[PDB]
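Section: structure with ouabain.
Lettering of chains proceeds alphabetically from A, tracking the sequence lines in order. Shown for chain A, in order and in the PDB entry numbering: 47-1029. The numbering of chain B matches the PDB entry: 13-303, in order. Header says: electron microscopy, 2.4 Å. Just the heavy atoms: all of them, side chains too, but no hydrogens, waters or symmetry mates, feed the values below. All ligand and atom numbering here is 1-based and tracks the order in the structure.
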Amino acid sequence: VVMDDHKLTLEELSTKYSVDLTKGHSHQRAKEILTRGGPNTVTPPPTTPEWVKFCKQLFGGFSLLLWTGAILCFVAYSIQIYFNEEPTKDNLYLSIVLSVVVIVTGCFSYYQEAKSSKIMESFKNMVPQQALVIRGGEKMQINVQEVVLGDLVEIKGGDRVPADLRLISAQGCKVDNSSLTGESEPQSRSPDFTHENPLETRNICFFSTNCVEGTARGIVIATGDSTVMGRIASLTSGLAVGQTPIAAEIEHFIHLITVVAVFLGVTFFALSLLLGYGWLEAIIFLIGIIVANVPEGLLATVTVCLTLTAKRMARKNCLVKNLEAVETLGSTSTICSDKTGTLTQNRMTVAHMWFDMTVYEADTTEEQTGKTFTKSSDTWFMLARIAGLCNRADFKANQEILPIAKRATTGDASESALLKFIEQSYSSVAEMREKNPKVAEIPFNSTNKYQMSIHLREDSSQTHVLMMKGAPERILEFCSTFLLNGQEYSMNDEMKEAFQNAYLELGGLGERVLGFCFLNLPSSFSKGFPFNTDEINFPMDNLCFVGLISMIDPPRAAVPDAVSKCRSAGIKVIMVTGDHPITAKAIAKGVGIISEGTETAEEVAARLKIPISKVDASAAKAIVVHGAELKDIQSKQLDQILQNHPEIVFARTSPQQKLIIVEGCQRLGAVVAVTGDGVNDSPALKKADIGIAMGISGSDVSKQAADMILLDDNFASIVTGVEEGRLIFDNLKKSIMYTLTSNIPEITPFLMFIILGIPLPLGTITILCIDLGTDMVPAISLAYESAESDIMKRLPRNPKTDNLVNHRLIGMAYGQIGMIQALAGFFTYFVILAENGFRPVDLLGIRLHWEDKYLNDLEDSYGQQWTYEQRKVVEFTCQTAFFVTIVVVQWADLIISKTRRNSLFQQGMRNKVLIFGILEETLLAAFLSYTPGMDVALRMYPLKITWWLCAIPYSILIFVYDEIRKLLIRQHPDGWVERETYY
Amino acid sequence: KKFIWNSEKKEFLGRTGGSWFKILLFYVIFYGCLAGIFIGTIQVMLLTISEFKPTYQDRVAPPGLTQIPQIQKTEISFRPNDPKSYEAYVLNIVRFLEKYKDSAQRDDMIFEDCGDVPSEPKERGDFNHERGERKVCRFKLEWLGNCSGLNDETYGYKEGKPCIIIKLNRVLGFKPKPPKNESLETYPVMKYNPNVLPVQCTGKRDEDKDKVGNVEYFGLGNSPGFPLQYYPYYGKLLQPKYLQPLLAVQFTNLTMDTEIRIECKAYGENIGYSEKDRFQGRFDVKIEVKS
Ligand SMILES: C[C@@H]1CC[C@@]2(OC1)O[C@H]1C[C@H]3[C@@H]4CC=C5C[C@@H](OCCC(CO[C@H]6O[C@H](CO)[C@@H](O[C@H]7O[C@H](CO)[C@@H](O)[C@H](O)[C@H]7O)[C@H](O)[C@H]6O)CO[C@H]6O[C@H](CO)[C@@H](O[C@H]7O[C@H](CO)[C@@H](O)[C@H](O)[C@H]7O)[C@H](O)[C@H]6O)CC[C@]5(C)[C@H]4CC[C@]3(C)[C@H]1[C@@H]2C
Ligand SMILES: CCCCCCCC/C=C\CCCCCCCC(=O)OC[C@H](COP(=O)(O)OCC[N+](C)(C)C)OC(=O)CCCCCCC/C=C\CCCCCCCC
Ligand SMILES: C[C@@H]1O[C@@H](O[C@H]2C[C@@H](O)[C@]3(CO)[C@H]4[C@H](O)C[C@]5(C)[C@@H](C6=CC(=O)OC6)CC[C@]5(O)[C@@H]4CC[C@]3(O)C2)[C@H](O)[C@H](O)[C@H]1O
Ligand SMILES: CC(C)CCC[C@@H](C)[C@H]1CC[C@H]2[C@@H]3CC=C4C[C@@H](O)CC[C@]4(C)[C@H]3CC[C@]12C
Ligand SMILES: [Mg+2]
Ligand code: NA
């Protein structure tokens, strides 16, 4: 409720809330308002119970396909039970197996996401927050939830602001609004109307901000959900979740598979009716054919591949809260990033120095992994001693594991920055201050604009040295001599304008400049001279100037390289911040969002001296958009802005406007990633296709809204995420191709049983042993394939056109490789039946006699007479050999699925998981064939040596065919072979 | 997404006529090559298959034991008073026994007389075409006695004394070995002929053993079983018109209106049995003569 309370007079404020601004609310009025208007708490986002999350895992695209398959199998089994005589339990087995696969995969995914949620909950901590309210005429330490509208609240330094406040009294109050507004530097607070916008006026304090220094008193104008943070929370809660890009790809794949399965089933249903089977048998055939196309083992494969990528990312302190988020960065075309706390450290840091007529550039990185400056002159030693001794700041308790930049201190941001800079450049400041004990303090204040101090000199002079720091134009009037190379010269005409040429230069960058001086007091004061601040017992003139130090909020060390890599990957990087346009533009230039040499229209106009309309729209590749302009921008104008400029900076933007920008980018067909840390990024983080929040600097609401957390606030993890997402997309393509290839040798035996009336070449048990057995580890091992080229040199995939599964993959798996695999199994089937006495021509149309349980003298090609059990054992041996042949030809399929463009001799065989998978599937096939008792448990029988060798020529054929195909693809880019087969 | 049947671009289902022609031509050539490769591999394999002897016989040996009539569920249920209750049985028997008539075994270049008493197996050469087709021992219908069908054309079904014809499944080169020194089982069996593979039909349960009446065996010689001069069998290529020896079993004193479970078993050193295959070396038959 900050609509008008800032522009209200001190009398109307008292009348509006029926309170007097010296005594506060009556001790009963507060209780009445508490019980009539509710507590001072923002309502948390709704909490979903565990079983609902588990059931959400149990359903979904692939899971629903497997559920449909299980239901169809159960219906088929019911029909067989009701109408047929002695039906087998194949369909019951299939129903149970499909249900169990769905349930186990759901359990696995739920467990992974619950682990991530537990880590997030452990990170979130609660400490009882209490406020200070002037109730009953005295100070009370009430709980934060009991603060009511109109309450009189006093805030001191280091105190969180309890609610939205309209300040009436203040004494040097400064608050940190970086999380709410995006302003890094603390903002001064005064009890007067300054700006029309409530977020800019200096007489309003907002809930969820920290008071940094001073003290103030104010009236509560908004409570709970009516606060600025609460409205942002409601806006975030009112947003839909949205579908991840990988989920859409899985949905498209399910559509394709359903179409293929239904077409095959209906065509063979019609064929069965034409061949004279019967409606019931035709329905059974239709259900079986439709179910046989369902790849029940591919669901677990996809889940495991996503989990492996998630664990790989977690190894690098990158937490994903769901498995589908592990791919989104690979598909990202646009990154919308906040500046303060996200691209920037959100910490005042020394940036430049000016001494010895020279400008030195400090190392602003957190780990000090940059360029040093010249530290040989003793003027640098004097400057370091001054800046470290006249500081009044100190590290806090324990931060010795942490780097100096990341440590916590006790004092002003400027004092902390000076302390850290001196600590990481000159020497330890604690030892310096021990060697130079203080005598007189003379604290800093605004009116004086300087901080004097007196210390015992380290050089063993037994005397004292006065050290002064403050505003450059303030301390210059006191110093009549400067220091050039440790030589105490005097004031020249040159050394009174180079001071104004460097101050105007370091102050022109938006940085906060400071001056330093010393005097080296005469020996008449000895050691224990009474130094009285209230009088002039010590000289305060003709100081010796040393140098200037400037400070600014710097970018994070990894940010510029990450931005450069993302732009090399074809990703558009947009800066969206709530800070001032000058700071935003400076940071955008510093991190590469605005490239070197690119100009804005307002700069081309000032260079060519032409009106902004006369500016050509070909040299203004960069634009800076103020948030005030966005209030009068329509969808069409926003689309024009987003399309016509490669480099865009949005400054002074509200959370609602960040959401609008993200929605506009998504409306143009882009997959959008948002990186932010403050509460002003939460709606954009939730609306984004992938939301990434900083683990350390981020707020709880933004970390709840985000899909991914950078636990160490490392921006280099985004490039790794893009690379991993692209690689996971490619490897999913390979794994899906490998899994879909084996479908053809699994359904063609049943098709030929129906059409030709031959004994069934492959059984349900062997088919299950392929899908959930020998094919699982090889399919998983394709997730460990390395990139065949530089994936970061590709453009982002077009989601409309570039699909995970398309018609090329179907044609390769079903039409070409699956057919060769199917012919390999039929060859072994025929060789076994011919070696046992049934020539291939004699097996055509034998189904009715072969399946007759009471025909026990069936005649073979030689005139031998067979019992039903004997020929069934022969058929089961043929099915076992068909299964083994499928295993053998899947060796070649796995070898050729390693690459989509490269030859095997180019990529090599460095995937150890693939080799292990080959060995494991071979050993599993051998185990099921030769283990005693496997003829009773399963219908699997031992094989002859030569029956293993029947699939070698077909495997070699598969390998040679794929090698030639990929050679042609490589030789003829964009040619017919590539357009038809390169999936 | 759902409107691709026709388009301004002359695109049928997404592709033009030229694209459709190219993709269909590619698949036609690819499947023709696959079919050629498959046919070639099949022919190369068949080159290694002998035309006179199967490569393996461990799945067909030991042979099974079957019976005529070919019944539906090992059940024989008929009423002697109703001639239509056993017409199917009698028709099945006469259809099976047509090739055993004397008039069908007249060619002296195909058939021969191999004695009226059981004899040792006859070695007719090696499994090849060295001497063309092998000769076939004759089997007379008169050996089947009252189940021969030469006097009673109903095989005892009209009288209520049904006949079953027992046969041993043909296996190439298989020579049955009768049990050694009468050391298999005990019954009023003339199991002293070393040239007969003994066969016996008994009641399945102890209840059945008391309700089966007299069992009559009709065959070559006085020993119930298969004479050994009809073995080995050389296959349908070398020995077409081959006749396997037959044993006729007639149940003359069956209890009426009750279902009788009967087990017929063959005995030999190379004759085996199984709990999974109920027809290997033996079979079960259920017979109910209704009053
Ligand atoms: C960590 C990972 C996770 C994943 C995973 O790995 C580990 O998890 C693993 C967990 C696994 C499952 C675990 C548990 C089972 C249940 C099991 O249950 C079968 C039990 C068998 C029953 O046992 C007896 O059955 C008879 C009992 O009388 C015995 O009969 C003889 O002896 C009798 C006297 O004793 C005489 O009276 C008889 O006359 C004479 O015959 C017989 O010898 C003996 O075997 C099933 O047998 C039948 O097998 C076929 C079933 O359809 C039938 O064929 C039919 O369909 C064919 C086409 O399919 C057509 O070609 C055929 O024409 C048409 O008939 C076949 O007929 C029939 O026998 C079937 C397999 C399954 C689902 C597993 C699959 C694989 C996994 C998913 C693994 C998976 C890889
Ligand atoms: C058994 C021995 C080991 C296995 C060896 C297999 C070798 C081949 C295997 C894979 C390679 C891919 C399939 C073969 C492609 C050969 C044709 C070819 O390379 O295309 C080059 C030409 C022209 O060049 P372009 O299209 O780049 O440029 C022109 C652009 N314009 C046409 C698109 C608009 O394109 C055209 O004529 C396209 C029109 C012709 C389409 C039908 C071609 C049928 C030929 C072969 C099919 C498979 C036979 C072998 C089957 C083995 C059984 C396993
Ligand atoms: C004409 C018909 O043929 C036989 O029956 C057929 C239908 C049905 O009975 C079954 C047993 O359920 C079917 C079933 O339908 C579909 C399958 C489970 C299917 C799938 C595999 C997979 O992975 O997903 C789906 C492929 C075939 C299948 O494996 C079995 C194979 C054995 C068979 O027996 C075959 C009998 O002889 C019957 O008596 C006669 O009427
Ligand atoms: C071309 C090559 C690589 C195919 C694989 C060859 C080997 C590994 C395969 C082919 C034949 C198989 C053997 C067949 C016979 C037997 C005897 C049996 O009592 C134990 C398993 C054992 C010893 C198998 C071991 C594994 C073996 C599976
Ligand atoms: Mg921020
Ligand atoms: Na999101």
Report the positions of ouabain in this structure by ligand number or chain letter.
ligand 3
Hey, which chain has the most contacts with ouabain (ligand 3) here? Just the name UniProt gives it.
Sodium/potassium-transporting ATPase subunit alpha-4
Tell me the other chains with a heavy atom below 4.0 Å from any atom of ouabain (ligand 3).
A
Name the residues that contact ouabain (ligand 3) at heavy-atom distances below 4.0 Å.
A:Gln126, A:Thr134, A:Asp136, A:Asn137, A:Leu140, A:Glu327, A:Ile330, A:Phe331, A:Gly334, A:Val337, A:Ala338, A:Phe796, A:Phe799, A:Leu806, A:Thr810, A:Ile813, A:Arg893
So, for atom 18 (C) of ouabain (ligand 3), does the protein have a heavy atom nearer than 4.0 Å?
yes
Please report whether ouabain (ligand 3) has a polar contact with A:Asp817, defined as an N or O pair separated by less than 3.5 Å (distance criterion only).
no
To which protein heavy atom is atom 34 (O) of ouabain (ligand 3) closest, and what is the distance rounded to 0.1 Å?
A:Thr134 OG1, 4.3 Å
Out of interest, which UniProt-numbered transmembrane segments of chain A (from the N terminus) have heavy atoms closer than 4.0 Å to ouabain (ligand 3)?
2, 4, 5, 6
Would you say A:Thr810 has any N or O atom under 3.5 Å from an N or O of ouabain (ligand 3), going by distance alone?
yes
